[PDB]
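Structure containing PF-00835231 (bound form).
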Amino acid sequence: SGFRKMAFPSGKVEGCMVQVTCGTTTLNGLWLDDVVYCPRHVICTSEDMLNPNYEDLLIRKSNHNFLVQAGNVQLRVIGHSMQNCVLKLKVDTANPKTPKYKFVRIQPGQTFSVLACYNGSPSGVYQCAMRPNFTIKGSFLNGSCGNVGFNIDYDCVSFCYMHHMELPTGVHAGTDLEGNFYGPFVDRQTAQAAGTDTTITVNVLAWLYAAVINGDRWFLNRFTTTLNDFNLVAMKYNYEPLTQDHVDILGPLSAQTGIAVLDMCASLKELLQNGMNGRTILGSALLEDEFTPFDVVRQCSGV
Amino acid sequence: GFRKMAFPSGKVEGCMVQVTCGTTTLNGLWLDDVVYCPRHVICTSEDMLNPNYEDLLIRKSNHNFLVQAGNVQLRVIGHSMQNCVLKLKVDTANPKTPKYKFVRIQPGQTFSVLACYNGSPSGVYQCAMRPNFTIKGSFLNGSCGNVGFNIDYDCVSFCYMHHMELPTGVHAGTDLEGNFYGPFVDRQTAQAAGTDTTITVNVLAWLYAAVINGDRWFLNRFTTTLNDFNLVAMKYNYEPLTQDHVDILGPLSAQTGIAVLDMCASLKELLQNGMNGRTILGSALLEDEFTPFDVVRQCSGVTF
Ligand SMILES: *[C@@](O)(CO)[C@H](C[C@@H]1CCNC1=O)NC(=O)[C@H](CC(C)C)NC(=O)c1cc2c(OC)cccc2[nH]1
Ligand SMILES: *[C@@](O)(CO)[C@H](C[C@@H]1CCNC1=O)NC(=O)[C@H](CC(C)C)NC(=O)c1cc2c(OC)cccc2[nH]1
C-alpha cells in the first residue's frame, strides 16, 4: 500500500543523453542509433532567437559547426537535417545503449516521466502530466532544453516530449520528437501565454479512488449523480467533462473499491462546492489531477 | 519549478536481482561479487511468524539460494548473515557496479526508492525518513529488498532496504548493514511506530526556497535562541533542531541573507498564529519532505 508520484526507471534514457553545442549555445540532445535529436534553436545566437528564420539559419551551418559530446567522447557529425522544431544530427557512431524505442504524441491528461539533465548529464527524474492547455508543470532550469519525457511499456521506451520553453507564468512548453509543439507555442524568444487551463477530471477521480484504497474515506457521501449533472457542475469549476470512455477506464478502480463511478462523482461535486474544510487527501490540501487511472491501478492493484 | 525529484535510477537498476529460497522470493542488490537481501528470504510463510534466524540459516547451504539477474542465474558460492541482511557471495562480479557507499541516514533525510518486483525495476520516487523511523512509501507484495539511495558525484550512497509494511500503511526497513531504522523487527507481526512529528529543518528549507522565489510575506521582525525555538516547536509536534540542522541550512541562509534563527522566529509565528488564509509556494500546508540539499539541488540544477 501507499501512493506516491512515481516516474519510470530512467536508465534506458540516461544512456542516450548527450550535449550539443553550436557556437556559444549549448543544450541537451537525445542519441538513438546514429542520430542525435535536439531543439533546433541551438543554431541561434542570442540575436537570432528573437525572430529566427530557421531554414535560412540551418542552411548556413556546416556539420563541423556542431559539437556533440557523449560524456568524455566527442561524436563527429556527418550530416544534419531538421524536422519542425527538432534538429537531427547524424553522427559516425551508433549509440550502443540505444533501447528499443518509439516516438509518440501524447494526449492532454496523460502522464510521462521527465529525465532532468544539464550539459548532457542526468540530474533527476519526475512524473508530469500534459495539461489540457498543452503546458507542463515541470522543474526545468537553465540548460534543460533537450530534456525528454517518456513512458516505458515492457522494454520499449516511448518518447513523447522534448523540452524547449518556460512561459512567464513558470509552466513549460515543448514538442514531440517529431518537432511539433504541444499547444500554440513557438520557439522564439518572446513572452507567450497559454490558453486557460482546466482540471483533468478523470485523474482527480482516479486519485480519489487511490485515497479510498489507502484508507481515506472522509470525503465520500451517500449520494449519486447523473453523468450530465456532474458534468454541469464540473464545467462550472473549470473541470474537463467526464466522458463515457473515462467512466469505463475507471471501471477497475470502481470494482476494487465497490464505489460506482457516479458515486465518486457525487463526492467530487460536494468537494468542489464545499471545499476540503481544513482536511487533506493523501497528504494534499488540493485536489490532485496528475495521476491517471493507469498510474493509480499500477500502485494500488491488489492492496 | 519546485517539485519532488528522484535521482536518475540507472546506476541502481543495473544492480537489482531476484533472490529465491524454496518458493520465497524477493529482491536483492548485486554489487561486485556480493548480493545483499533481507534475511527473511530463508523463511517459509509459517517460519516468518516467530523465526529463529540463526537456526534457520544453519540448515541452509549455498546451493539452496537462487540468485537471478533477469533470467540468468548467478551461482552462490558463500553466505553469511549480518543483522537483518543476508550476504550471498556469487560467482560473477557485477560489471555495472557503480562507485558506492553504505550509509545510515538521519530522520528528515530524503532518498530515492527504486520500486522493483521480481528483480525488475518498475518505478522511482522520492521518500523522506520520518522522525518516527518510518517512510511513507509505495510498496506492494514482492517489494522486499527494494533499496533507497542518494547519488553524489558518481557515487551511489545506499541507505535503505525494504522489509515491512506497518498496520497504518507506512513502511519500515534497514540500512544496508541490516540494522532496522526504528524499533521494528523482521517478524510477521503487527508493529506500531512512535507518534510522528514534523521535520523542522525541512520546513525551514522550504521557507528559504519560498524566499528565493520572491514569496516572503511570512518574514517577521523577530529572532530567537535555538533552545527557546526547540522548546516551542516541540509543543507543535515539530522536531527539535540539531547543530547539524543549523549547519546544513547555512548555504540557504547565506544565499538569502536571512539568519537561521531569524527564519526560526518566522516559522514560530506561523505555528502560533497560522497562515491567516495565505499560502506559501502555492500551498496552505507547510511542506516537510524537501531537505536543504533538495532545495539547493532543484534550484541550481546539480547533476550527477
Ligand atoms: C532552453 O534551455 C534554452 O536552450 C531554455 C529552457 C528554459 C530556461 C529556464 N527554464 C526553462 O525551461 N529555453 C529557452 O530559453 C527558450 C528558448 C527559445 C525556445 C528560443 N525561451 C524561453 O524559455 C523564454 C523566452 C522568454 C521571453 O523572451 C522575451 C520572455 C518571457 C518568458 C520567456 N521564456
Ligand atoms: C516483503 O515483500 C516480503 O518479503 C513484504 C513487503 C510488504 C508486503 C506489502 N507491502 C509491503 O511493504 N514484507 C512483509 O510481508 C513483512 C515480512 C516480515 C519482515 C517477515 N511483513 C509485513 O510487512 C507485515 C506483517 C504484518 C502483520 O503480521 C501479522 C500484521 C500487520 C501488518 C504486517 N506487516
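One letter per chain, A onward, in the order of the sequence lines. So for chain A, numbering is the PDB entry's, and the shown residues are 1-303, in order. Here chain B follows the PDB entry, giving residues 2-305 in order. When a ligand or atom number is given, it counts from 1 through the structure's own listing order.
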Specify the chief binding partner of PF-00835231 (bound form, ligand 2) in this model, using its name in UniProt.
3C-like proteinase nsp5
Using a heavy-atom cut-off of 4.0 Å (strictly under), which other chains touch PF-00835231 (bound form, ligand 2)?
B
Residue B/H163 vicinity, atoms of PF-00835231 (bound form, ligand 2) by number, heavy atom under 4.0 Å
6 (C), 11 (C), 12 (O)
Does B/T190 approach PF-00835231 (bound form, ligand 2) within less than 4.0 angstrom via side chain, backbone, both or neither, non-hydrogen atoms only?
backbone
Which is it for B/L141 and PF-00835231 (bound form, ligand 2) at heavy atoms under 4.0 Å: side chain, backbone, both or neither?
backbone
Which one of B/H172, B/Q192, B/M165, B/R40 has a non-hydrogen atom at the shortest distance from atom 22 (C) of PF-00835231 (bound form, ligand 2)?
B/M165
Measuring from atom 7 (C) of PF-00835231 (bound form, ligand 2), which candidate in B/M49, B/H41, B/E166 has the nearest non-hydrogen atom?
B/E166
Under a 4.0 angstrom heavy-atom cut-off, which atoms of PF-00835231 (bound form, ligand 2) come close to B/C145?
1 (C), 2 (O), 3 (C), 4 (O), 5 (C), 6 (C), 13 (N)
For B/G143, take its heavy atoms, then give the atoms of PF-00835231 (bound form, ligand 2) lying under 4.0 Å from any of them.
2 (O)
Does any N or O of PF-00835231 (bound form, ligand 2) fall below 3.5 Å from an N or O anywhere on A/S1, backbone included?
no
Looking at residues of chain B within contact distance of PF-00835231 (bound form, ligand 2), which UniProt domain do most of them fall in?
Peptidase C30
Under 3.5 Å: N/O of B/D187 near N/O of PF-00835231 (bound form, ligand 2):
no
Numbering the atoms of PF-00835231 (bound form, ligand 2) from 1, which are under 4.0 Å from a heavy atom of B/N142?
8 (C), 9 (C)
Going by the atom numbers of PF-00835231 (bound form, ligand 2), which of them fall below 4.0 Å from some non-hydrogen atom of B/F140?
10 (N), 11 (C), 12 (O)
